[PDB]
Amino acid sequence: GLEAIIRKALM
Amino acid sequence: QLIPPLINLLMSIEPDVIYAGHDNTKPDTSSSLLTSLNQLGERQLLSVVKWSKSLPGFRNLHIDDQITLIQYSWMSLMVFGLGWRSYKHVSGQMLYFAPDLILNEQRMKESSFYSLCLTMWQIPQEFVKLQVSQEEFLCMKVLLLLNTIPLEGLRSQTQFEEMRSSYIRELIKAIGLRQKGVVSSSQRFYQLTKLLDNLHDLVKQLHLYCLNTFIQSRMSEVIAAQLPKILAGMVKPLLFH
Ligand SMILES: CC(=O)O[C@]1(C(C)=O)CC[C@H]2[C@@H]3CCC4=CC(=O)CCC4=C3[C@@H](c3ccc(N(C)C)cc3)C[C@@]21C
């Protein structure tokens, strides 16, 4: 679930 | 004399100290040590993302490119940062994961992952031999974030290539701060970039350890997910040599 976490963090 | 503006900017966006939340006033168990590392890893990931957004050129890229680059770089960035801290704080004699989580030689051996420790310990040792400067480290670090792209390439491919080229020039400026002369500078650039190239191999090892440690704590879904990060021919590495 890293991709999701990376995406939320970028926004 | 003075430090180049971009490198100075890089110094100012360096993440501040991140504690593992580890208690040293009590002996460690295999459970607590691994728990401390995972907690530190999660915190360090958010820091990598936060650091990347302050990086000149990074925001110009499509959101999908930004995600991809971080997915293909977080491991390298984390082990490179560990290398620097171990180098600066304890002369590379032990692994400085955080101020409250320092693993000396005797502790690495007693652990169930001494092999992994020795692999990671390779970087601080190299920093000691090369006597890497802070300015060089900062430029090299950015280059790691821009060292791997997908086989098809990125959406903002041209913007990416330009950004990569700018940091290559900055590294050359960092080298020039101490290496006076075109022959010495050229020799330094080869040494540092060779080191960067070698990290492509070393990081695959770390991904395997991670995948194997998962299996041991607990099926084809798990394997297939990590495979692209341990196997060759899956992504496109950008080599200097
Ligand atoms: C002993 C062992 O097997 O460790 C690993 C494992 C449990 O498989 C294998 C390599 C490890 C890795 C190497 C680089 C690293 C440097 C640091 O300054 C703190 C955490 C950190 C970690 C840990 C880490 C890193 C990231 C994350 N997340 C959530 C992104 C979680 C833990 C745990 C990892 C993955």
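Order of the sequence lines fixes the chain letters, A, B, ..., with proteins taken first and strands second; residue numbering starts at 1 for each chain. Just so you know, ligand 1 is whichever comes first in the structure, and atom 1 is the first atom listed for that ligand. What you see below is based on every heavy atom in this structure, not just the backbone, and it leaves out hydrogens, waters and symmetry mates.
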Which macromolecule does ligand 1 make the most contacts with, named the way the PDB entry names it?
Progesterone receptor
What would the PDB call the drug seen at ligand 1?
ulipristal acetate
Which other chains get a heavy atom nearer than 4.0 Å to ulipristal acetate?
B
Considering only the protein, which heavy-atom contact is closest to atom 14 (C) of ulipristal acetate, and what is its distance?
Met78(B) CB, 4.2 Å
Test of understanding: given a 4.0 Å heavy-atom threshold, classify the contact between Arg85(B) and ulipristal acetate as side chain, backbone, both, or neither.
side chain
Nearest neighbour in protein (non-hydrogen) for atom 4 (O) of ulipristal acetate
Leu116(B) CD2, 4.0 Å
According to the entry, what is the source organism of chain B?
Homo sapiens
For ulipristal acetate, find out whether one of its N or O atoms is nearer than 3.5 Å to an N or O atom of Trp74(B).
no
Is there at least one pair of N or O atoms, one from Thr213(B) and one from ulipristal acetate, spaced under 3.5 Å apart?
yes
Which UniProt progesterone binders of chain B are under 4.0 Å from ulipristal acetate in heavy-atom terms?
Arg85(B)
Look up atom 34 (C) of ulipristal acetate and tell me if a protein heavy atom lies less than 4.0 Å from it?
no
How does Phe214(B) reach ulipristal acetate, if at all, at less than 4.0 Å between non-hydrogen atoms: by side chain, backbone, both, or neither?
neither
Nearest protein heavy atom to atom 12 (C) of ulipristal acetate, by residue and atom, and its distance?
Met75(B) SD, 4.4 Å
Could you check whether atom 22 (C) of ulipristal acetate has a protein contact, counting only heavy atoms that fall below 4.0 angstrom?
no
Which heavy atom of the protein is the closest neighbour of atom 26 (C) of ulipristal acetate, given with residue, atom name and distance?
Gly41(B) CA, 3.5 Å
For atom 19 (C) of ulipristal acetate, what's the nearest protein heavy atom and its distance?
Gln44(B) NE2, 3.3 Å
Contacting atoms of ulipristal acetate, where contact means under 4.0 angstrom from a heavy atom of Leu37(B):
20 (C), 23 (C), 24 (C), 32 (C)
Tell me which UniProt domain of chain B holds most of the residues near ulipristal acetate.
NR LBD
Numbered atoms of ulipristal acetate (with element) below 4.0 Å of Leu34(B), judged on heavy atoms:
1 (C)
Provide, to 0.1 Å, the distance between atom 29 (C) of ulipristal acetate and the closest protein heavy atom, together with that atom's residue and name.
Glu42(B) CG, 3.7 Å
Among all protein heavy atoms in this structure, tell me which lies nearest to atom 32 (C) of ulipristal acetate, with the distance rounded to 0.1 Å.
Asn38(B) OD1, 3.4 Å
Mode of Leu40(B) contact toward ulipristal acetate - side chain, backbone, both, neither (heavy atoms, under 4.0 Å):
side chain
At what distance is the nearest protein heavy atom to atom 8 (O) of ulipristal acetate, and which residue and atom is it?
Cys210(B) CA, 2.9 Å
Hey, could you tell me which residues sit within 4.0 Å of ulipristal acetate? Heavy atoms only, please.
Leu34(B), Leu37(B), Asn38(B), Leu40(B), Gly41(B), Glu42(B), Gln44(B), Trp74(B), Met78(B), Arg85(B), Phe97(B), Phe113(B), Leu116(B), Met120(B), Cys210(B), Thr213(B)
